[PDB]
Chemist: 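Mind having a look at this structure? Questions to follow.
When a residue number appears, it is its place in the shown sequence, counting from 1. Computed over heavy atoms, backbone and side chain alike; hydrogens, waters and symmetry mates excluded. Each ligand, and each atom within it, is numbered from 1 in the order the structure gives.
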Amino acid sequence: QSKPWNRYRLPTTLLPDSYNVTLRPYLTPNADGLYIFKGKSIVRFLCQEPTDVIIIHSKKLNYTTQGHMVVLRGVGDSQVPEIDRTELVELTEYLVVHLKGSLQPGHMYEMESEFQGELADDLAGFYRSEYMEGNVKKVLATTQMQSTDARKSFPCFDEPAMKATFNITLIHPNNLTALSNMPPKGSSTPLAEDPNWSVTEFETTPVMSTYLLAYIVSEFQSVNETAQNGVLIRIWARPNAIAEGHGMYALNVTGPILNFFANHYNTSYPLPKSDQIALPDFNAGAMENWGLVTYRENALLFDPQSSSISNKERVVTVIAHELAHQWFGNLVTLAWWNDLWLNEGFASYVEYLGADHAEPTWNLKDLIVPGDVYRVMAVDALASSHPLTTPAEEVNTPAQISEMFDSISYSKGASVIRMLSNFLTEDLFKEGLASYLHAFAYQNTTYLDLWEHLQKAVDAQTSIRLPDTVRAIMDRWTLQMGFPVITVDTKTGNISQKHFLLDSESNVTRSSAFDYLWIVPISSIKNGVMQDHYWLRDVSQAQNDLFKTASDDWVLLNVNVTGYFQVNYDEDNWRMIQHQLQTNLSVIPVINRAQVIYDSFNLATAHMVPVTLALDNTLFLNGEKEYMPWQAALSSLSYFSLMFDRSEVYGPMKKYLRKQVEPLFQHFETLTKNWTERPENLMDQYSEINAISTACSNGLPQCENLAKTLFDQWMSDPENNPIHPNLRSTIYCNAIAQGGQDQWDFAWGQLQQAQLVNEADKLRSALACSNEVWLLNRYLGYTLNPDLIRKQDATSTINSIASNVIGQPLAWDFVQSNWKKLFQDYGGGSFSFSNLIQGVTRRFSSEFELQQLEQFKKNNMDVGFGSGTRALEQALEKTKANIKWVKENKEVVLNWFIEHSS
Ligand SMILES: *[C@@H]1O[C@H](CO)[C@@H](O[C@@H]2O[C@H](CO)[C@@H](O[C@@H]3O[C@H](CO)[C@@H](O)[C@H](O)[C@H]3NC(C)=O)[C@H](O)[C@H]2NC(C)=O)[C@H](O)[C@H]1NC(C)=O
Ligand SMILES: *[C@@H]1O[C@H](CO)[C@@H](O[C@@H]2O[C@H](CO)[C@@H](O[C@@H]3O[C@H](CO)[C@@H](O)[C@H](O)[C@H]3NC(C)=O)[C@H](O)[C@H]2NC(C)=O)[C@H](O)[C@H]1NC(C)=O
Ligand SMILES: *[C@@H]1O[C@H](CO)[C@@H](O[C@@H]2O[C@H](CO)[C@@H](O[C@@H]3O[C@H](CO)[C@@H](O)[C@H](O)[C@H]3NC(C)=O)[C@H](O)[C@H]2NC(C)=O)[C@H](O)[C@H]1NC(C)=O
Ligand SMILES: *[C@@H]1O[C@H](CO)[C@@H](O[C@@H]2O[C@H](CO)[C@@H](O)[C@H](O)[C@H]2NC(C)=O)[C@H](O)[C@H]1NC(C)=O
Ligand SMILES: *[C@@H]1O[C@H](CO)[C@@H](O[C@@H]2O[C@H](CO)[C@@H](O)[C@H](O)[C@H]2NC(C)=O)[C@H](O)[C@H]1NC(C)=O
Ligand SMILES: *[C@@H]1O[C@H](CO)[C@@H](O[C@@H]2O[C@H](CO)[C@@H](O)[C@H](O)[C@H]2NC(C)=O)[C@H](O)[C@H]1NC(C)=O
Ligand SMILES: *[C@@H]1O[C@H](CO)[C@@H](O[C@@H]2O[C@H](CO)[C@@H](O)[C@H](O)[C@H]2NC(C)=O)[C@H](O)[C@H]1NC(C)=O
Ligand SMILES: *[C@@H]1O[C@H](CO)[C@@H](O[C@@H]2O[C@H](CO)[C@@H](O)[C@H](O)[C@H]2NC(C)=O)[C@H](O)[C@H]1NC(C)=O
Ligand SMILES: *[C@@H]1O[C@H](CO)[C@@H](O[C@@H]2O[C@H](CO)[C@@H](O)[C@H](O)[C@H]2NC(C)=O)[C@H](O)[C@H]1NC(C)=O
Ligand SMILES: CC(C)C[C@H](NC(=O)[C@@H](O)[C@H](N)Cc1ccccc1)C(=O)O
Ligand SMILES: *[C@@H]1O[C@H](CO)[C@@H](O)[C@H](O)[C@H]1NC(C)=O
Ligand SMILES: *[C@@H]1O[C@H](CO)[C@@H](O)[C@H](O)[C@H]1NC(C)=O
Ligand SMILES: [Zn+2]
């Protein structure tokens, strides 16, 4: 039998009740340049089963407790055993307290410790954040516990089901502000040993998980609103940022989103206030800490003057996401990280609902399809994918836990929950969801608990009927990886399902308890009229007249792509669909217009339709005003561009794309009053951004003209940028393309003086669009200079250049030549050799190019490849695929484009 301090999961012998935790960061270094924080904690816990050892999480903390590493006391009149010895076991991250006797079932104990650790800038635990205000470097203190870093700030039972109440005290310079999950008890008070310091006590938290704790000490200020129930809402940011009003949009949306979720969930927001704080260079993105949610600045702040509409959308959706957790994930918490998908899938879905409430004219719910469904299907249509569910006994180590945080868990999770909601109807879903939340408030659950509660709601009504239990249907979507392609022969109304894989020649080696069969809910539209809902059972083949058609008829499946599957037809129904789109497109719902494109290209990739059938599905676009179907096309074709932009196929492609996009370009020229006012709603704003982008980048002269006109106008008046943030990336890029060192230098200047991150990113990317070799080689020379380009931007700037077809060879040489900079960039800052390699080898589609790549790998002789070690293997295997795809496709593709370019 093995020793419990060597097992990654905690015993169940001791459960915490409550914690006192006092943290004191020292924001001035110790002259050796070390910053530290000091702590003291007391954890009260209960004995469940007899035991003569206390195992508790601890990570990179030194103890300065008097005596042993902890002091142990009994609560009330409980006696307590003497401590034998206390040790730290680093591998499993434990403080282990061996006792001279056993604790007693039903007895409560208090364990006190004093400790300190590094206040590193590592974005982990209690950690520091350095940033610039004027001539001053500022340092603040803040936390990121997710997922196994609470133990890095204070010793605790750091598993998510092991909830307790937390009383937090912060000791801090007296002119700084102290924040935590809960409001402060009253006014800060001076620290008696040194009144330069203050003491802020916070109210007791609700029963909660250690990973949701947060405490922050900074100079930050806030904008406030008291919602009507009394809930204080603040937005915290850098003083300068607050003073520019960049916190306003977040303040505008937060109250609304909160009220929405409180109703949607049928459950009060469980806290007295909600803080949201914008942190500079928070690489985690955002973190749903209960009552104190942290965001990277670009994610929470918004400047109306410079930010685009897609920035606004990012702000509102990110808030909606984190706010969604305040109930789902925080109030009711998954018992273990194997069910992460539930929590994050759920928030990934309801973010759309929350944001839609705040911005009801935008139609945000639509964006889940391009943004999550098709995104995740690209990786879920692979042999190397994995189930939503993972057995709990296979997730044990911090790194195994971190692996749970991926595209499957977020995006498929959102996609399957969205499907669940649609086949139940939202009202029914909400009923079960309210029931789950009430039954499990302040406790922990598994996905089976949600199913059980949704089943309860189903069982209590008569309108919605199901082929099977919620569980049994959901098990097909959660226990096995992948999804089905649904093929229909409209001639007969026969309908099949198979495990879909983009590579038709791939060996699936992961077995399923269901033989890759799903219970599939299928909506469907015939002649623009909604048909009866159908359910495909767990069978390969079936028939229903719902999918039988006539000569003049067409049938389309999966309305609004609510189902997690792709649809293929017979050629005739396909052609008929096409005719409808040529003649009256408004009869096919705008999401399915997109679906036709999305699925067809994937099916072509899988060899289930010819590539010409997919291309035919773009033909209708010349009359399409709407964002999504265009976006589907632009997404599906970016790879054709990447393969053919250096070949005889390109000219035809561009000619074609010009043809398709011009009418749309014209339409906006009209509708925007010669580009003087943006369209009204989000979707139309996106469509315009896409058309202009496409028009210019395929060389539509009217687009080129505009781009040159506006940039001329800007250079004549630098302080008054005429270009609307929405169009900056296109206009900037095209203009620099049409220009020389005049345009490039101006832009570069603008970059060096640009205050706001997004504007800098747009100039940095545009600068890569010069068509001059000397200008792109000069600019590469700049990427390895920190005074000119931030290290954290270098590999990205290199990829932008390689994106330019003129820049492809220049970038590829730069990289091979400077590969002697793995041993300069591996110690100071990661650098991400993985991203750089993948981006620069992206185009490689020929035998010759492959020999070059092999020949480059022959520098194997040390220097290695670092964090891109075997991201070079992926690049070799990706070129082989490209060569093989280009041989099979070149001819057919070329002919089609010529055929259709007028
Ligand atoms: C976790 O933190 C709690 C808050 O600090 C502790 O509870 C506090 O204990 C204090 C003393 O230990 C009490 O303050 C005063 O102390 C003087 C001693 O000189 C006493 O006479 C008074 O009873 C008391 N003052 C008043 C106005 O009653 C606090 O009463 C008390 N604060 C509370 C309960 O909110 C917990 O003890 C601490 N937990 C553990 C396990 O140590
Ligand atoms: C928690 O305890 C750790 C172990 O006590 C501390 O880590 C130790 O830090 C020492 C200095 O910071 C290192 O020793 C040497 O220190 C002298 C004088 O400061 C230097 O000249 C030497 O360069 C240095 N030795 C070397 C080989 O570089 C210890 O090596 C080091 N031990 C480790 C890292 O295991 C932590 O400082 C302490 N942390 C906190 C936050 O209190
Ligand atoms: C947070 O919510 C506020 C309340 O809805 C928004 O305030 C509105 O901002 C609009 C756009 O900035 C203003 O519209 C126009 O602004 C121009 C430019 O100054 C004026 O000339 C026009 O008179 C005005 N009205 C028009 C075109 O009809 C609104 O006036 C203003 N509304 C209120 C009640 O103040 C905030 O914009 C919003 N903040 C953010 C960052 O989105
Ligand atoms: C954290 O603070 C809370 C709030 O005061 C403490 O809650 C009290 O716990 C004591 C000791 O069990 C009880 O006598 C009181 O009934 C509780 N008060 C309230 C208002 O709930 C809690 O004990 C503190 N935690 C720790 C570790 O001391
Ligand atoms: C809070 O107090 C500290 C200590 O005085 C201030 O820190 C100094 O700020 C000045 C700028 O006015 C700098 O020139 C110094 O280098 C800082 N000193 C140290 C030791 O860090 C700080 O500015 C004050 N902050 C607020 C918000 O009032
Ligand atoms: C949760 O939902 C219930 C049921 O919808 C809410 O109670 C209803 O509120 C309306 C208010 O006009 C009444 O007319 C209904 O008859 C109520 N139903 C019941 C069963 O009481 C309830 O208020 C919601 N709670 C929260 C916290 O949002
Ligand atoms: C994790 O969650 C379960 C519930 O899913 C908790 O078990 C419940 O505990 C409460 C209060 O102690 C009781 O009312 C119920 O009888 C329990 N339900 C069960 C066992 O199904 C459990 O305590 C939580 N685990 C931890 C470690 O807090
Ligand atoms: C549609 O499905 C039906 C049956 O589910 C298929 O028809 C059968 O095909 C077998 C194969 O040899 C024949 O022996 C049977 O006599 C047929 N059954 C009938 C007509 O009831 C039919 O081929 C399918 N259509 C397709 C795939 O297009
Ligand atoms: C498919 O999705 C569209 C959105 O693209 C749905 O249309 C929306 O429906 C709601 C309620 O009817 C309205 O409040 C929105 O304003 C509608 N928008 C548009 C553009 O019509 C449509 O109802 C969905 N159809 C089905 C069958 O689910
Ligand atoms: C809208 C979301 C996808 C935003 C997202 N944030 C989250 O998922 C949070 O709710 C996560 N729970 C926090 C997190 C993120 C990354 C790594 C570790 C921990 C992120 O930007 O990473
Ligand atoms: C997979 O197995 C098949 C035969 O079942 C074989 O022809 C093929 O080479 C294998 N691998 C790949 C990657 O196609
Ligand atoms: C085409 O279909 C739309 C959408 O239903 C309908 O409103 C319109 O009357 C039709 N227009 C034409 C020109 O046939
Ligand atoms: Zn999340």
Chemist: Mind checking which chain ligand 10 touches most? I'd like its name from UniProt.
Modeler: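 With more contacts than any other chain, that's Aminopeptidase N.
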Chemist: Look up the drug at ligand 10 and give its PDB name.
Modeler: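 It's Bestatin.
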Chemist: Using a non-hydrogen cut-off of 4.0 Å, what is the binding site of Bestatin?
Modeler: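 At that heavy-atom cut-off, the residues are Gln144, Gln146, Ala284, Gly285, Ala286, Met287, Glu288, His321, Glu322, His325, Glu344, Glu351, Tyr410.
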Chemist: Pull out every atom of Bestatin sitting under 4.0 Å from any heavy atom of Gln144, numbered as shown with elements.
Modeler: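 Every atom of Bestatin under 4.0 Å from some heavy atom of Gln144: 19 (C).
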Chemist: How many other ligands or ions sit closer than 4.0 Å to Bestatin, and what are they?
Modeler: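 Looking at distances below 4.0 Å, I see ligand 13 (zinc ion).
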Chemist: Could you check which residue UniProt calls active site in chain A sits nearest to Bestatin, and how many Å separate the closest heavy atoms?
Modeler: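 Among UniProt active-site residues, the nearest by heavy atoms is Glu322, 3 Å.
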Chemist: Give me the UniProt-annotated Zn(2+)-binding residues in chain A that sit with a heavy atom under 4.0 Å from Bestatin.
Modeler: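 The UniProt Zn(2+)-binding residues passing the heavy-atom test: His321, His325, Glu344.
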Chemist: Which of the numbered atoms in Bestatin are below 4.0 angstrom from a heavy atom of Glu288?
Modeler: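 Going through Bestatin atom by atom, the ones under 4.0 Å from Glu288 are 9 (C), 10 (O), 11 (C), 12 (N).
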Chemist: Please indicate, with yes or no, if any protein heavy atom is found under 4.0 Å from atom 17 (C) of Bestatin?
Modeler: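 Looking at atom 17 (C) of Bestatin, one finds that no protein heavy atom lies closer than 4.0 Å.
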Chemist: Within Bestatin, which atoms have a heavy atom of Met287 less than 4.0 Å away?
Modeler: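 Counting from 1, the qualifying ligand atoms are 12 (N), 13 (C).
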Chemist: Among the UniProt-annotated substrate-binding residues of chain A, which come within 4.0 Å of Bestatin by any heavy atom?
Modeler: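 In chain A, UniProt binders with a non-hydrogen atom that close: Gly285, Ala286, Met287, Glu288.
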Chemist: Considering only the protein, which heavy-atom contact is closest to atom 20 (C) of Bestatin, and what is its distance?
Modeler: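 Checked against all protein heavy atoms, atom 20 (C) of Bestatin sits closest to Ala284 O, 3.7 Å.
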Chemist: As an exercise, identify every atom of Bestatin less than 4.0 angstrom from a heavy atom of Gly285.
Modeler: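 Close to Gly285: 21 (O).
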